[PDB]
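Read through the structure below, which is laid out as structure tokens, and then see the notes.
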Amino acid sequence: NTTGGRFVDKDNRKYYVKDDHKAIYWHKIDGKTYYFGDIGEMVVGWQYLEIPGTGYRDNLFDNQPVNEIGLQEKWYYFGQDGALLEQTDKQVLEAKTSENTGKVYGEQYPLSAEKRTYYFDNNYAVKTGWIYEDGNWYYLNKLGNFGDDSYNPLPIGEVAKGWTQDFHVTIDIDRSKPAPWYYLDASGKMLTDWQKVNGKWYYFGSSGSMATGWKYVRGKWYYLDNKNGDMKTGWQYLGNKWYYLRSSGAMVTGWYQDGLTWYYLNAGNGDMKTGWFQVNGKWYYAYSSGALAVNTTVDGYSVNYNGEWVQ
Ligand SMILES: CN1[C@@H]2CC[C@H]1C[C@@H](OC(=O)[C@H](CO)c1ccccc1)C2
Ligand SMILES: CN1[C@@H]2CC[C@H]1C[C@@H](OC(=O)[C@H](CO)c1ccccc1)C2
Ligand SMILES: C[N+](C)(C)CCO
Ligand SMILES: C[N+](C)(C)CCO
Ligand SMILES: C[N+](C)(C)CCO
Ligand SMILES: C[N+](C)(C)CCO
Ligand SMILES: C[N+](C)(C)CCO
């Protein structure tokens, strides 16, 4: 909705001039959309810009005041004629690199020999976050790379691979909200259920998020590292209590013999018993190591070879 002007070629740049003024930022002109930066030069190709539509960066000319405004920046694609690609689904385009972004009409730059499928939101911006494609989930980076007073927005919108945290983010990471870990394979597909990664087992369930701590899966209990997620095995001291996990990771309950020694893991909680305890009417004593006492005396009471108390 900007009329009364005309495009102008001058000094190897292109502008839109009306009543002798230069257009700047966003403008809707005769069915298409263009962006002319801060001083009027029409942009082309990949651009990381403040979202249009609010009016604060729209329909403006260099002879008008430009207000302070905090608008998020996102990725957009413009044709070589300056027209914004108003895609709302997806399109295969030249990959955005460190040498084909932020260019203006008349500037010289290479065209990526590599192309990628880019997804877009309903407002023509490159889409970020989770997406569901052909039976699988994919994660499109929400953030670029940080580096001590440094930030590179290039990775944004790209398909994430490997271990990835899904932070809540607008202009910055919302550190108050949760940021679960996920794992996307070589083609970007999100993994589910049990998975062995870098020599260790992890559980991503049905939602994909990496489990931590105790987890009940298909009738058994597993303990995934509270912080790292990796599945534990063997003896583990958790919450001031001992537990024995099979090599499969599953928690053991009942009587267990380690070498020659017998231990009793609580039927309900699975925690190792110490002191005198009773099993199915019978009485037994386990030392502080959890080790069952056999054929000997304990503070006056005798126990046979099965550790059973005998009157
Ligand atoms: C392979 N994963 C482990 C370490 C790298 C990723 C992240 C996983 O989840 C985490 O919480 C780890 C714990 O060290 C982590 C590493 C670095 C920053 C934040 C979290 C564990
Ligand atoms: C939770 N269960 C699944 C993943 C671990 C356990 C047992 C099965 O997985 C395995 O048996 C794998 C096979 O490589 C395994 C890895 C390391 C030691 C033992 C078994 C299914
Ligand atoms: C992978 N998700 C879409 C499925 C679930 C949590 O974000
Ligand atoms: C033993 N737990 C994993 C089973 C239950 C919480 O006390
Ligand atoms: C079971 N008792 C007879 C053995 C010991 C006291 O708790
Ligand atoms: C750790 N312990 C006391 C539990 C068991 C011996 O392997
Ligand atoms: C000897 N028991 C009581 C310890 C274990 C099952 O045979």
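If you read the sequence from its start, that first residue is 1, and numbering goes on from there. Both ligands and their constituent atoms are indexed starting at 1 by order of listing. What you see below is based on every heavy atom in this structure, not just the backbone, and it leaves out hydrogens, waters and symmetry mates.
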Next on the checklist: What drug are we dealing with at ligand 2, do you know?
Outcome noted: atropine
Item to check | atropine (ligand 2): macromolecule with most heavy-atom contacts, named per the PDB entry | outcome: choline-binding protein F
Checklist entry - Can you check whether a protein heavy atom sits less than 4.0 angstrom from atom 8 (C) of atropine (ligand 2)? => result no
Checklist entry - Who's the nearest protein heavy-atom neighbour of atom 2 (N) of atropine (ligand 2), and how far? => result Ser248 O, 4.2 Å
Next on the checklist: Just to be sure I'm reading this right: ignoring hydrogens, which of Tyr202, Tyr203, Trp201 gets closest to atom 4 (C) of atropine (ligand 2)? Compare them by their nearest heavy atoms.
Outcome noted: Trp201
Checklist entry - Where is the nearest protein heavy atom to atom 19 (C) of atropine (ligand 2): which residue, which atom, and how far? => result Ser247 O, 4.6 Å
Item to check | Atoms of atropine (ligand 2), numbered as shown, that sit under 4.0 Å from any heavy atom of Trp194 | outcome: 1 (C)
Item to check | Is_contact(atom 12 (C) of atropine (ligand 2)), protein non-hydrogen, under 4.0 Å | outcome: yes
Item to check | Heavy-atom gap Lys196 to atropine (ligand 2) smaller than 4.0 Å | outcome: yes
Item to check | Distance flag for atom 16 (C) of atropine (ligand 2), protein heavy atom under 4.0 Å | outcome: yes
Checklist entry - With a non-hydrogen cut-off of 4.0 Å, what is the binding site of atropine (ligand 2)? => result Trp194, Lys196, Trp201, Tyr222, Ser248
